[PDB]
4 protein chains.
Amino acid sequence: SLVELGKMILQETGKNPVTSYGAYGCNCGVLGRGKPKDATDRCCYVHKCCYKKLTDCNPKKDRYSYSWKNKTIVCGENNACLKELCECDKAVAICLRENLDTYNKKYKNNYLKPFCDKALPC
Amino acid sequence: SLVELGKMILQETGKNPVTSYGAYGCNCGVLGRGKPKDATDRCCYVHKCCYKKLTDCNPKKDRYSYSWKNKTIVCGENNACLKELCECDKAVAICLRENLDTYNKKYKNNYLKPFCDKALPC
Amino acid sequence: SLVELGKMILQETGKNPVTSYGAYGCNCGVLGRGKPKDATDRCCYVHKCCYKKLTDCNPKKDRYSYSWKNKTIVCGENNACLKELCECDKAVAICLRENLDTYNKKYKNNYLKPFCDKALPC
Amino acid sequence: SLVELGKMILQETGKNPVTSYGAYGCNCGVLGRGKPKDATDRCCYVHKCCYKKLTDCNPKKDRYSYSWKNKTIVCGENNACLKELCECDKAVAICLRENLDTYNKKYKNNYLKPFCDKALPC
Ligand SMILES: CCc1c(C(=O)C(N)=O)c2c(OCC(=O)O)cccc2n1Cc1ccccc1
Ligand SMILES: CCc1c(C(=O)C(N)=O)c2c(OCC(=O)O)cccc2n1Cc1ccccc1
Ligand SMILES: CCc1c(C(=O)C(N)=O)c2c(OCC(=O)O)cccc2n1Cc1ccccc1
Ligand SMILES: CCc1c(C(=O)C(N)=O)c2c(OCC(=O)O)cccc2n1Cc1ccccc1
């Protein structure tokens, strides 16, 4: 769920998911995909494509278990959908950390929302 | 201060410092040094010796700054006491994480109140 | 920003950046690039080309942190743009020092403005 | 003179000579030699011994010339006493930089006369 996702983002990046990624670019924290504005935005674009493959479980509200071992996210062996859901959130946490260097303050808090292009298919 | 120390332990080990290390063995959390019970206890033994050589500041109360970059603790530059105080806290966070493999709840002071021998000098 | 740049130039060259480089040649301190009149001028040409690559921050007005360690300018860790900015400024301060030998006061005070040719592209 | 000495210290160490070294340990910035408290203090003890040999001039008062060339203090030529005086000052500026790693503001007198033993002779 968003509980697990937010904890992974903070564990990997050290940032509050809401204040830093609540509405960044055309994809991060908002509903629906748009053409990404930068690399951080593209992380959330891929993550939304990860989610849409997952029927038989609810990515937004379904809880799951994971552990933080050797400063690494380790998805607990689980249901197929829950395991894949955990691997979706782990990928976007790593992706957001990796692109902190080009994180741009001008893209937060839905400054880009009126300018967002229609997204290409996943 | 204990504020920064607590966040480093959380970021490195993934554990709550109060529940996991608030009173563990003969050195972790408790006041004063004793002969260590295991590898985790020895981390806190070393950390307490690290604090002992700091005289120009109050290790428990004085605040400093540090960064979480690439899942690594990076101490902020400061005067001798505050910088070395940050380094004391960093080494114990890494040490406790490295020794999670042998962390044993039997050394938590709430499971069994350990009999602690007089510590050797630092 | 110019505050950090001016301190670097003083630290490296020992010269006041305003009085020595406020309007030197066809590139130093003045607006716009021109064909360099000497090696000092070319330092500022390269520096202006360095700035032109930076589009995610404001090279003239954005602050950054650096320190003086072992008589070396050491750029503090930041985002990609601010780190590249600091490295642009460190490089021009260093370049200006290396070419103090051929510094010509005849090129000061924007005397060469009618002599400035179109520069080669960056 | 002290004017040239203070400029050297700022150039080499990056520190304000008054606020960092104006009364530090048993030798730095105070009158007379004492048993050094640490490596920084020892730099000032050695420097005071350097001044002791300069009888043909006035170390604190007499001016001399030096240049900041390639981030090196270069004493200008002069008579024996004044050239030796500049080299005394250059040496203490270098010594203080080299020992910034163990600088500790705990040794600043802060207008309380510390316990100072009689120094070894020189
Ligand atoms: C970038 C972080 C993010 C999402 C992403 O990781 C992302 N934009 O992909 C996301 C999200 O995405 C899933 C989806 O769109 O269904 C939906 C809703 C909020 C979303 N926050 C913000 C957040 C998450 C967890 C705790 C606190 C804040
Ligand atoms: C192992 C964690 C620890 C200490 C150590 O790291 C350790 N035992 O060395 C320590 C401590 O030690 C310093 C000293 O003895 O002055 C004193 C008091 C509490 C101490 N907690 C618990 C804690 C720290 C920070 C936030 C919340 C809880
Ligand atoms: C050569 C020094 C210099 C610039 C350069 O280093 C240079 N010509 O590249 C520069 C400058 O250049 C950046 C740009 O044109 O955007 C713009 C404005 C002033 C500029 N001073 C003068 C100065 C710098 C810092 C403090 C005080 C005076
Ligand atoms: C450590 C710096 C220092 C002295 C030394 O370098 C040192 N303690 O040797 C020293 C000093 O020493 C020479 C002597 O006692 O005759 C005498 C007086 C002040 C002295 N400041 C402080 C200072 C010097 C220059 C400008 C501003 C502040």
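Note: chain IDs run A, B, ... matching the order in which the sequence lines appear. The residue numbers of chain A are those assigned by the PDB entry, with the residues present covering 1-122 sequentially. Note that chain B is numbered according to the PDB entry, with residues 1-122 shown in order. To match the PDB entry, the residue numbers of chain C are left as they are there, and the shown ones run 1-122. All chain D residue numbers match the PDB entry; in order, they span 1-122. When reading the values below, keep in mind they use all heavy atoms of this one structure, side chains included, and skip hydrogens, waters and symmetry mates. Atoms within each ligand, like the ligands themselves, are counted from 1 in listed order.
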Enquirer: Tell me which of flurazepam, soraprazan, prednisolone, varespladib, roflumilast sits at ligand 2.
Expert: varespladib
Enquirer: Would you let me know which chain has the most contact with varespladib (ligand 2), using the name from UniProt?
Expert: Basic phospholipase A2 homolog MjTX-I
Enquirer: Tell me which other chains have a heavy atom under 4.0 Å from varespladib (ligand 2).
Expert: B
Enquirer: Working on a figure here: which residues of other chains come under 4.0 Å of varespladib (ligand 2) (heavy-atom distance)?
Expert: B:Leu2, B:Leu5, B:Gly6, B:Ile9, B:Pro17, B:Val18, B:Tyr21, B:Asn27, B:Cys28, B:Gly29, B:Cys44, B:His47, B:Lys48, B:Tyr51, B:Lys60
Enquirer: Against heavy atoms of B:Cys28, which atoms of varespladib (ligand 2) measure under 4.0 Å?
Expert: 8 (N)
Enquirer: Please identify which atoms of varespladib (ligand 2) are closer than 4.0 Å to at least one heavy atom of B:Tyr51.
Expert: 13 (C), 14 (C), 16 (O)
Enquirer: Return the UniProt-listed varespladib-binding residues of chain B that have heavy atoms within 4.0 Å of varespladib (ligand 2).
Expert: B:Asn27, B:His47, B:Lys48
Enquirer: Quick one: does B:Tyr21 get an N or O within less than 3.5 Å of an N or O on varespladib (ligand 2)?
Expert: no
Enquirer: Could you tell me, atom by atom, which parts of varespladib (ligand 2) come under 4.0 Å of a heavy atom of B:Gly6?
Expert: 25 (C), 26 (C)
Enquirer: Is B:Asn27 close to varespladib (ligand 2), meaning an N/O of one under 3.5 Å from an N/O of the other?
Expert: yes
Enquirer: Return a yes/no value for B:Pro17: is any of its N or O atoms, backbone included, closer than 3.5 angstrom to an N or O of varespladib (ligand 2)?
Expert: no
Enquirer: Do any nitrogen or oxygen atoms of B:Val18 come within less than 3.5 Å of a nitrogen or oxygen of varespladib (ligand 2)?
Expert: no
Enquirer: Heavy-atom contacts with B:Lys60 under 4.0 Å: which atoms of varespladib (ligand 2) show up? List them by number with element.
Expert: 16 (O), 17 (C)
Enquirer: In terms of atom number and element, which parts of varespladib (ligand 2) are under 4.0 angstrom from non-hydrogen atoms of B:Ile9?
Expert: 2 (C)
